[PDB]
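All remarks here apply to the structure that follows.
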Amino acid sequence: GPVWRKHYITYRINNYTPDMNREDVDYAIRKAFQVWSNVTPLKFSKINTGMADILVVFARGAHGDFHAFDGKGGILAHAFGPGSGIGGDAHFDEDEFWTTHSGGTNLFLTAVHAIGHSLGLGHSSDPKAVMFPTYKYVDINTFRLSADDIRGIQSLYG
Ligand SMILES: COc1ccc(S(=O)(=O)N(Cc2cccnc2)[C@@H](C(=O)NO)C(C)C)cc1
Ligand SMILES: [Ca+2]
Ligand SMILES: [Ca+2]
Ligand SMILES: [Ca+2]
Ligand SMILES: [Zn+2]
Ligand SMILES: [Zn+2]
Ligand SMILES: [Zn+2]
């Protein structure tokens, strides 16, 4: 449905996974937002005071919405499309083991996908798109938005 009317957008990390150290969580999330700001007029800013447009939450099982997480494996993450309140928020399953690299579920890659939803994208049919609804680890230096991702997001934020 609706897209952000404004081009200045805040995010707050509600809480931290104990799987990675704090600085690595910040880094992953920052880099994930950068991916999208790189191809749009959107500007993202992290806050810890006031109210963020996008709340980033790590939680297991039932966590206050109607989409409970399911333990280790399966559902990794979900996010809500643009809007007030819960709109834009991105939730990560704490029962996953979040990693800077290949040996669990990579936070950066998962967050790029989740944030795509937070900005209003649905799933892609293109297996090389970040919005493809299958997790597959890629070298975070071999990482790139596909043409379908870029086309998609630019159709929303021209
Ligand atoms: C690359 O980033 C990813 C983030 C999340 C997932 S996810 O497996 O958790 N996933 C898609 C899915 C996969 C398999 C079977 N049913 C649903 C959720 C999803 O698409 N959330 O955004 C779905 C259950 C809502 C996969 C990849
Ligand atoms: Ca929100
Ligand atoms: Ca899970
Ligand atoms: Ca965990
Ligand atoms: Zn719902
Ligand atoms: Zn949730
Ligand atoms: Zn998804």
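Residue numbers count from 1 along this sequence. If you're wondering, the header gives X-ray crystallography, 2.0 Å. Note that these values count all heavy atoms, side chains included, but never hydrogens, waters or copies made by symmetry. One-based numbering, in listed order, for ligands and for the atoms of each.
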Trying to sort this out: of CGS-27023A, ENMD-2076, UC-781, R-bicalutamide, which one is at ligand 1?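 Of those, it's CGS-27023A.
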query = Which macromolecule in this structure makes the most heavy-atom contacts with CGS-27023A, going by the name UniProt uses?
reply =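 By the greatest number of contacts, it's Macrophage metalloelastase.
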Which residues and nucleotides from other chains come within 4.0 Å of CGS-27023A, counting heavy atoms only?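 With heavy atoms under 4.0 Å, it is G74, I75, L76, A77, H78, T110, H113, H117, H123, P133, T134, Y135.
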Do any other ligands or ions come under 4.0 Å from CGS-27023A, and which ones?
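The other ligands and ions are ligand 7 (zinc ion).
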Margin query: I'm curious whether CGS-27023A gets near the natural ligand site - which UniProt Zn(2+)-binding residues in chain A have a heavy atom within 4.0 Å of it?
Written below: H78, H113, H117, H123
Among protein heavy atoms, which lies nearest atom 7 (S) of CGS-27023A, and at what distance?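 Here the nearest protein heavy atom works out to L76 N, 4.0 Å.
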Exercise for the section: Considering the heavy atoms of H117, write down every atom of CGS-27023A situated less than 4.0 Å from one of them. Expected result: 22 (O)
Mark up the atoms of CGS-27023A that fall under 4.0 Å of a heavy atom belonging to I75, in ascending order.
->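 Those qualifying, in numeric order: 9 (O), 24 (C).
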* Asked: Of all the non-hydrogen atoms in the protein, which one sits nearest to atom 27 (C) of CGS-27023A, and at what distance?
  ->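 Looking at atom 27 (C) of CGS-27023A, the protein heavy atom closest to it is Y135 N, 3.7 Å.
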Practice prompt. Return only the organism name the entry records for chain A.
Written response: Homo sapiens
Please write down residue, atom name and distance for the protein heavy atom closest to atom 8 (O) of CGS-27023A. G74 O, 3.8 Å
What residue and heavy atom of the protein are closest to atom 1 (C) of CGS-27023A, and at what distance?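 Here the nearest protein heavy atom works out to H113 CB, 3.6 Å.
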_Can you report which non-hydrogen protein atom sits closest to atom 21 (N) of CGS-27023A, along with the distance?_
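So the nearest neighbour among protein heavy atoms is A77 O, 2.7 Å.
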**Prompt:** Who's the nearest protein heavy-atom neighbour of atom 20 (O) of CGS-27023A, and how far?
**Reply:** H123 NE2, 2.8 Å
- Would a search of protein heavy atoms around atom 23 (C) of CGS-27023A find one under 4.0 Å away? no
For atom 14 (C) of CGS-27023A, what's the nearest protein heavy atom and its distance?
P133 O, 4.0 Å
Distance dump, CGS-27023A polar atoms to protein, N/O, under 3.5 Å:
from       : atom 1 : to   : atom 2 : distance (Å)
CGS-27023A : 9 (O)  : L76  : N      : 2.8
CGS-27023A : 20 (O) : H113 : NE2    : 3.4
CGS-27023A : 20 (O) : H123 : NE2    : 2.8
CGS-27023A : 21 (N) : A77  : O      : 2.7
CGS-27023A : 22 (O) : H113 : NE2    : 3.2
CGS-27023A : 22 (O) : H117 : NE2    : 3.1

